[PDB]
K.L.:
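Structure with R 77975 attached for reference.
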Amino acid sequence: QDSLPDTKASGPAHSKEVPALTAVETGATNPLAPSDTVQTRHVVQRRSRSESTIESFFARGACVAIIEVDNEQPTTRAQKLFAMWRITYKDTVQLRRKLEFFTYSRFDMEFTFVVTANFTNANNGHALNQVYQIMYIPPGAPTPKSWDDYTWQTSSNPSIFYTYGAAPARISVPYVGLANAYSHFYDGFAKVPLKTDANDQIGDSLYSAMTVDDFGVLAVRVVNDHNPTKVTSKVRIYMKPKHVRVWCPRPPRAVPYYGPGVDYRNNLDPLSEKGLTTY
Amino acid sequence: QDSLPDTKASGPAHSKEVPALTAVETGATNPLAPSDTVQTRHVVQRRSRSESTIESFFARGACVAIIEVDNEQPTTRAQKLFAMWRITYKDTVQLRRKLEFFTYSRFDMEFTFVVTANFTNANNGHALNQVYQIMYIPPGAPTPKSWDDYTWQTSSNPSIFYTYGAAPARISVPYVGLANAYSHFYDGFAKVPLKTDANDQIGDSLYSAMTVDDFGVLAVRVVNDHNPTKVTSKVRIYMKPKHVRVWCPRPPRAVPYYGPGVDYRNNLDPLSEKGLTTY
Amino acid sequence: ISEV
Amino acid sequence: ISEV
Amino acid sequence: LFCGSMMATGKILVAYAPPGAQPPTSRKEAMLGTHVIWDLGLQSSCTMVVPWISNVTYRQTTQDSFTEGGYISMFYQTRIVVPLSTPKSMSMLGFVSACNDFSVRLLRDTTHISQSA
Amino acid sequence: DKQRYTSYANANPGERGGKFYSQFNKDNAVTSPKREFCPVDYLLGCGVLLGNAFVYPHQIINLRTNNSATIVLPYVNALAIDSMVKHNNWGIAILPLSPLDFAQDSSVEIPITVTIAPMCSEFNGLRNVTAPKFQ
Amino acid sequence: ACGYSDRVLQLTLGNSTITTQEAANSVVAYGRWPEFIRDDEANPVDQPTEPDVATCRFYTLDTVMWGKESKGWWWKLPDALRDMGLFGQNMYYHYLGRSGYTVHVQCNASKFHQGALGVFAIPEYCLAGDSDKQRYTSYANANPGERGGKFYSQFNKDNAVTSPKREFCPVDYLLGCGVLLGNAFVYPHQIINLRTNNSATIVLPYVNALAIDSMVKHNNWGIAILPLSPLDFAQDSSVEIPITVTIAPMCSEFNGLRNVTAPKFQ
Amino acid sequence: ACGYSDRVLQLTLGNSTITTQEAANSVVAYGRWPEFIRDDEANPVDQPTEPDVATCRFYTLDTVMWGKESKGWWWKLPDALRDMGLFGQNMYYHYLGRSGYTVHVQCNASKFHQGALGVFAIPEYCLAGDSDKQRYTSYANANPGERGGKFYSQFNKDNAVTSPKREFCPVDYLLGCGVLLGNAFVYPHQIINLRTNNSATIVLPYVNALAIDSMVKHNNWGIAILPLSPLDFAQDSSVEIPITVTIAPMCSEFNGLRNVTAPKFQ
Amino acid sequence: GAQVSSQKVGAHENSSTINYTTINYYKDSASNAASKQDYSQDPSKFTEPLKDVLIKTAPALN
Amino acid sequence: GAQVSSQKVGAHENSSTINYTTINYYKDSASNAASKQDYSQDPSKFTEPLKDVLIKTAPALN
Ligand SMILES: CCOC(=O)c1ccc(OCCC2CCN(c3ccc(C)nn3)CC2)cc1
Ligand SMILES: CCOC(=O)c1ccc(OCCC2CCN(c3ccc(C)nn3)CC2)cc1
Ligand SMILES: *C(=O)CCCCCCCCCCCCC
Ligand SMILES: *C(=O)CCCCCCCCCCCCC
């Protein structure tokens, strides 16, 4: 049973108990109910808070990235034959705001990949079905310079081999934090400037940033050799936190995000105009 | 065992019991049987009413919508790159008439989506397989203005990612009513005009209508970037009520429907011509 | 199990 | 099995 | 919360009218509904509970006359009285929170945050 | 032509009640619409056939049998309680299944009197009086 | 224990709550809390109406301003409440009605203000009139409703025989009724002494020579508020503070229902 | 019994004692009293230093003056205390250090003064910056020590690309961090309402995603004091009262001793 | 947690109670299929809403 | 190793505790679905962080 407290039949009052009065200076919120300030009937409560549990609130796959990758003839200039994405929930705003209702979090992460593709050019013949390779490159491991170089051999890095048309790719990731909890906010620095330093750049750092590569990257490529005609593709990444726990509540972001930290720039006017005595 | 009452061997009569006579003025229906007005034999009845249970009567997926959506080059004018549909059983007539045999209903709802597509133009090359995104936008949530805008990030709204060619998409929805039952008919208004009102539009409302957006919308888009050649598609929505309960019986609609309320316009002549003494 |  |  | 000086006194009527009638423009009309008469004193603050009185089992979070909640209004029951050498004008702060019977359902995306291309 | 356009004032005649009509005469003037109901008798004023209205709680005043009809009504609604000012729960329809006839006098006329009593009435959410505009 | 006080009260009736942080305990008139007519004291035989929370709640009357020249205010009950929501309706739709009441009188100021209000609850408060004419005060003038009436410092007789005002002439030190004000303390009372308390709370039973009577023909209680000691502040000769009267019906019951009584207050 | 009160407190830590005759009870942040790192939550293996009474005592920071134009003040912890006696020494001689705190904020005035201070204790108080540049605020500007920082009424962007100030721009109604001030009450807090109390006492546990961390690289708690209601007195338009912040370390423990850290605050 | 019940056999093969098995895979009951073992009730509330319900052999109006 | 539990039935078909079955296929617990049987707690640490928590009917400041 998970229903909320029943309402009590409460009656008339003439006493020296004054629950309606309090003092919010103390830091506390008055634990009042209708039966303290008005006559109430007995209501048997069936309503429950089941959808607002920390798990139910986050239990939904959110889009956090769109990785664009092409399969075309390797020419001699800047191309997208392979792509890399620093894993994060911050490129998007929606999940970012929900997780930021809290300072600390601990959870397992589910990743679901929706791959879509299309023809770029009106017509150079067609393409046989493409297989995609998503490789996780943890910090330290060699990053690919070429779409078919040796790093894609993937002997120890986790890789997904997705086939176009198949049900969207899906995997789970454990709680991989270097600490007892993921910090959604870090009031600090990774380096400190010492008086004895040679230049003042040695000890300089980005405020609120911790590790440089934080969790690593996802590298994406079409394993297929190029067709005559080009195929452009998009790997959409959906993120869902499961087996979730959260600490220290924070106010929701009220102005538009300006980068990874708490920085604001514009649209600092969130509230509407409404008259004091207007309903 | 669910068979109907057996027939009784009944015999000749000469009595002061007159079951054949009654008085329908009272409001009641005479509970008679063949054995009351004629000599009957003993029949052991095996027949049952299993198909006419409220569940069996509704246990069928009915087409309630056809959502047309295109995937083409985003040009600068009115297009169908994404579509929205206010969820309802009233765009269609068939299920609408069955559910309307009753005033109140309570059930869980199953939605099955049949997606079909085709080529519009004789030939501009072809298209790689399309993935469809059906997002439920509950009232209050932001409605998309663009086919690839931020609302489709879908962090908390339920979304379906369907792949063309796959078995039709299917999901279940709980009893989501704001009341203890869905009202198939509401003899009332959402607002009341008060004497003290400034204009007489303030308190004006649509008769028999309750909430403005009632249950929200389904937004549909092709997640694929546009091919050179255009692909038009149709998402057919099938609705089936399950775990069904119904209250207060109503007469079936006898004239063609004219909008969401009980309004009639034409073809008010439902009955055929047949002679009084003609078989 | 549960047999009816 | 394990029934709660 | 009365944030006036300690020498300032006053009595205030704060009210809630369940929906369906004219939204109150006068204390006389506001009197008639659910209300608290706050007296300013050592206990700096006063709580008014808006009791769940509704036709539907759950109201909606967006605006809609069919599931509307009613009206909140406040009036002087007497007036703010100060002595001399005392500021004649001061601030009142207001706070809101849900009681323990309160619940919410059908998770959705908020209109309060967005993103441009 | 307008759907669900009948005004609160016209939907609610109070004590005076409303009447049925024998056929659908459409309110034609788009400029200043009457915003009234057009209840056609054999369609029960609601798009279904009158012969089936007997699935609803009823009695028949057959003049050779009885002076009256007594129907007791529970509160029926999809909610335990609602706004009585915004919403009607029950409707009372009295249609002559068989026409009034007497001796040979072609303009016969007898009174029909409706007497109603509230039962188990309970009220919630008290505040100032609602003054609707019936104009 | 905890920290409770004689001066800090909460009155809760129906959907209405009053808080006072500076009261002077509370008076229960003649030691009797309001109650319903008992079967052995019953007289009309018809089943009564008991509207409970819809009529037994706190109605706040229009505020009066106390100033240096203020001589006094008076109201009659049930008259003061004749137009108060569902109470007034029940009162006028029935021949018979009884009621008890909680009277809560409000007057706040500052540690530097000064003055004392005498709040008096009187059974059968018969006032004196205008004229040479005895018992000539008209129903319309006897009953001011919510607006109440005022006291005067001396007897100025309504002189015009031709078109008489038919009003009351309530002289303050004679309690408007021929006796001396200093003795009004034999009646249920409290004092709003501005250095001591913001308010007065008198609870009233139904008092009458009958179990129930016509509320439209007869007032049971009268509320008299006379300044025993004048309003004074700093040195500002035209000081002025609000006095607010809030009243609640209690244990209200009605007998003899029929069509509504429409009195002529013109 | 005897006569004890919610408003009269004595805080005694080490050789320091604070008395308040007008407090508003006291807050224990998130319901957790400060404690030492348990063996089953331990991570550095070296024997810790626990200076007890020599570091866990009341350090009073430089006083700030609240006036009619005052927009707000903010400090970070341990930063505010980096130079406070033996605490600062222990903090800079060790790589690792944890600490809880008792924050005691002081603001007195008179029954005739008016105003309300919002005293806020925030976990991980990340502030917004100067520029177009993201996460560009320098260590030197992020950490004012005892001096603390101030809030502003609006976002005036540091415009000079050539020689950037690399400072914070904390806008008051956005809590200097992109959210609205009215919601800061979800954080551990008290209100200094001048008609009610001279002070606020918030006790703070060590809050962090680690059992222990670098105090020199990272602040755990931020103290934000924003006037919810402005200072006002009599009619004198340039009123001014002192706000004094007194902080004490609690359950301080240090790991990883080596040579002293000398940061560049220039 | 498997549910087992008897099918109502219509056309019997030349081979008696035959059973079928059901298992719910989802936590939310809305996700469940329809059990279709539905009980019935009297027409009475509709066919005879009378305060004095009378016996079919006695005069309807007495 | 099958896990069996009661569904919280919302809209009941005209047919009582209905169960659902769960089995984990993977060794790593991160691979598991969400149990969603989540217990709650007091607002207190947040709604009343006080050293002397007082009773709602007594004066807040004594
Ligand atoms: C400090 C703020 O950021 C976070 O809190 C936060 C951000 C991202 C998080 O995701 C976990 C990190 C990685 C670890 C492994 N990973 C993988 C692993 C294998 C594959 C095929 N694909 N992805 C991708 C995600 C977890 C937490
Ligand atoms: C008032 C008359 O209408 C009805 O009675 C009636 C009409 C429609 C009903 O459907 C339930 C409402 C919605 C709620 C959720 N919903 C969803 C939810 C998620 C997805 C992917 N797709 N659809 C779609 C249906 C239920 C009842
Ligand atoms: C009760 O159901 C215990 C017996 C389970 C037998 C094995 C069932 C195998 C399928 C398990 C389904 C899990 C679905 C989430
Ligand atoms: C406990 O689970 C014992 C009962 C198992 C019943 C049969 C389950 C059949 C499916 C086994 C799943 C194996 C997954 C790796």
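The chains referred to below are lettered A, B, ... by the order of the sequence lines, with proteins before strands, and numbering in each begins at 1. Remember, it's 1-based here, ligands and their atoms both numbered in the order they're listed. These values consider heavy atoms only, across backbone and side chains, with no hydrogens, waters or symmetry-generated copies. Lab note: partial entry displayed, contacts enumerated inside displayed portion only. When the header is checked for method, it gives X-ray crystallography, 2.8 Å.
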K.L.:
Can you tell me where to find R 77975 in the structure, every copy?
P.N.:
ligands 1 and 2
K.L.:
Hey, quick one: which chain has the most contacts with R 77975 (ligand 1) in this structure? I'd like the name as UniProt has it.
P.N.:
Capsid protein VP1
K.L.:
Can you list the other chains with a non-hydrogen atom under 4.0 Å from R 77975 (ligand 1)?
P.N.:
A
K.L.:
Give, by chain and number, all residues and nucleotides of other chains with a heavy atom within 4.0 Å of R 77975 (ligand 1).
P.N.:
A:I87, A:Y89, A:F111, A:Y136, A:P158, A:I171, A:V173, A:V176, A:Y182, A:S183, A:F215, A:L218
K.L.:
Name the ligands and ions, other than R 77975 (ligand 1), that lie under 4.0 Å from that drug.
P.N.:
none
K.L.:
Quick check: what organism does the entry name for chain A?
P.N.:
Poliovirus type 3 (strains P3/LEON/37 AND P3/LEON 12A[1]B)
